[PDB]
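Notes on a structure featuring indinavir.
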There are 2 protein chains.
Amino acid sequence: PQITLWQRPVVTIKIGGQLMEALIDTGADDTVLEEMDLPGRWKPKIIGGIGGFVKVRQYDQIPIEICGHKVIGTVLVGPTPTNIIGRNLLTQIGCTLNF
Amino acid sequence: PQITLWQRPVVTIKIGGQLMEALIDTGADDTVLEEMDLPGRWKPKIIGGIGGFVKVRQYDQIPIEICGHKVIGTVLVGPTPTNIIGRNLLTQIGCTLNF
Ligand SMILES: CC(C)(C)NC(=O)[C@@H]1CN(Cc2cccnc2)CCN1C[C@@H](O)C[C@@H](Cc1ccccc1)C(=O)N[C@H]1c2ccccc2C[C@H]1O
């Protein structure tokens with residue numbers, strides 16, 4: 001589709017059988033999701049945003065369905081207000097930026 | 001142009017006659033530039049992101065230029081490693097996400 005930027009570009013993704021909202025973030029390199037206990041072994045990473053550095057749990061080779069498109073990648077899980085999907089999963093669905 | 005997300009989306013902008021580089025960030029409501037002086041007056045503003053809140057300086061009506069298109073808008077200034085082009089200015093140049 002052709003999504004405009006007058007509002008926050010939110011889409012629906014599917015993580016382990018649960019449907020949730022997420023933000024298309026081209027400034028985020030990675031995908032940071034909310035608090036959930038995902039199946040698998042995690043390892044800590046400390047990422048840094050606009051208001052500080054956060055301690056997230058890194059999960060590898062996790063299956064995500066972004067709008068019916070089953071893709072795969074790394075998802076960091078930590079204390080974030082909104083689910084955010086970054087450039088790592090976006091390239092997988094072919095998402096571009098036009099103007 | 002069409003821009004993909006394999007490498008981070010950086011464009012060459014002109015603010016104050018000097019050429020800078022900035023990140024087209026659709027996950028950012030506002031536009032935040034690196035600490036500098038802009039030839040307008042400013043008021044304080046508290047924005048929030050990953051980690052927490054931070055205090056920035058809100059300058060209004062600054063004449064920026066993103067890839068040929070000359071825009072005028074609200075630009076924030078604060079502590080950041082990268083210049084960020086938020087949705088307020090992106091809607092002004094017609095940016096859209098396509099997939
Ligand atoms: C992977 C990770 C998430 C840690 N990366 C970032 O947060 C980057 C960091 N860089 C580089 C960087 C900058 C400073 C320190 N470390 C790294 C600058 C840009 N942020 C990208 C932003 O797009 C992230 C969003 C996330 C968000 C959106 C809505 C709700 C909460 C959080 C962001 O912070 N946007 C906020 C935002 C941003 C600008 C202006 C106003 C606002 C309000 C909101 O839109």
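Letters go in sequence order (proteins before strands), and every chain restarts at 1. So how was this one determined? The header says X-ray crystallography, 2.5 Å. Computed over heavy atoms, backbone and side chain alike; hydrogens, waters and symmetry mates excluded. One-based numbering, in listed order, for ligands and for the atoms of each.
The chief contact partner of indinavir (ligand 1) in this model is named by the PDB entry as protein (protease). Other chains in heavy-atom range of indinavir (ligand 1) (under 4.0 Å): A, B. Heavy-atom distances between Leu23(A) and indinavir (ligand 1) reach below 4.0 Å in at least one pair. Contact between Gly48(A) and indinavir (ligand 1) is present, with at least one heavy atom of the residue lying under 4.0 Å from the ligand. As recorded in the PDB, the organism behind chain B is Human immunodeficiency virus 1. For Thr31(B), no nitrogen or oxygen atom sits less than 3.5 Å from a nitrogen or oxygen atom of indinavir (ligand 1), counting backbone and side chain alike.
Between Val32(A) and indinavir (ligand 1), a contact under 3.5 Å exists for no N or O pair.
In this structure, atom 45 (O) of indinavir (ligand 1) has a protein heavy-atom contact shorter than 4.0 Å.
Scanning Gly51(A), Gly52(A), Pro81(B), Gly49(A) for the heavy atom closest to atom 6 (C) of indinavir (ligand 1) points to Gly49(A). The heavy atom nearest to atom 8 (C) of indinavir (ligand 1), out of those in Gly78(B), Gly27(A), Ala28(B), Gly27(B), is found in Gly27(A).
Close N/O approach between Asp29(B) and indinavir (ligand 1) is found [any backbone or side-chain N/O within under 3.5 Å]. Polar contact with indinavir (ligand 1): absent for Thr82(A) (N/O pair, distance under 3.5 Å). The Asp25(B) neighbourhood of indinavir (ligand 1) comprises atoms 19 (C), 21 (C), 22 (C), 23 (O), with distances under 4.0 Å to a heavy atom of that residue. Checking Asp30(B), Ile84(A), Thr80(B) against atom 40 (C) of indinavir (ligand 1), the nearest heavy atom belongs to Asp30(B). Within the structure, indinavir (ligand 1) lacks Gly86(B) among the residues with a heavy atom less than 4.0 angstrom away.
The binding-site residues for indinavir (ligand 1) (non-hydrogen atoms, 4.0 Å) are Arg8(A), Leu23(A), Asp25(A), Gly27(A), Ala28(A), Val32(A), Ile47(A), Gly48(A), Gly49(A), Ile50(A), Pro81(A), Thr82(A), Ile84(A), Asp25(B), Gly27(B), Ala28(B), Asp29(B), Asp30(B), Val32(B), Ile47(B), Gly48(B), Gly49(B), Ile50(B), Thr80(B), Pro81(B), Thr82(B), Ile84(B).
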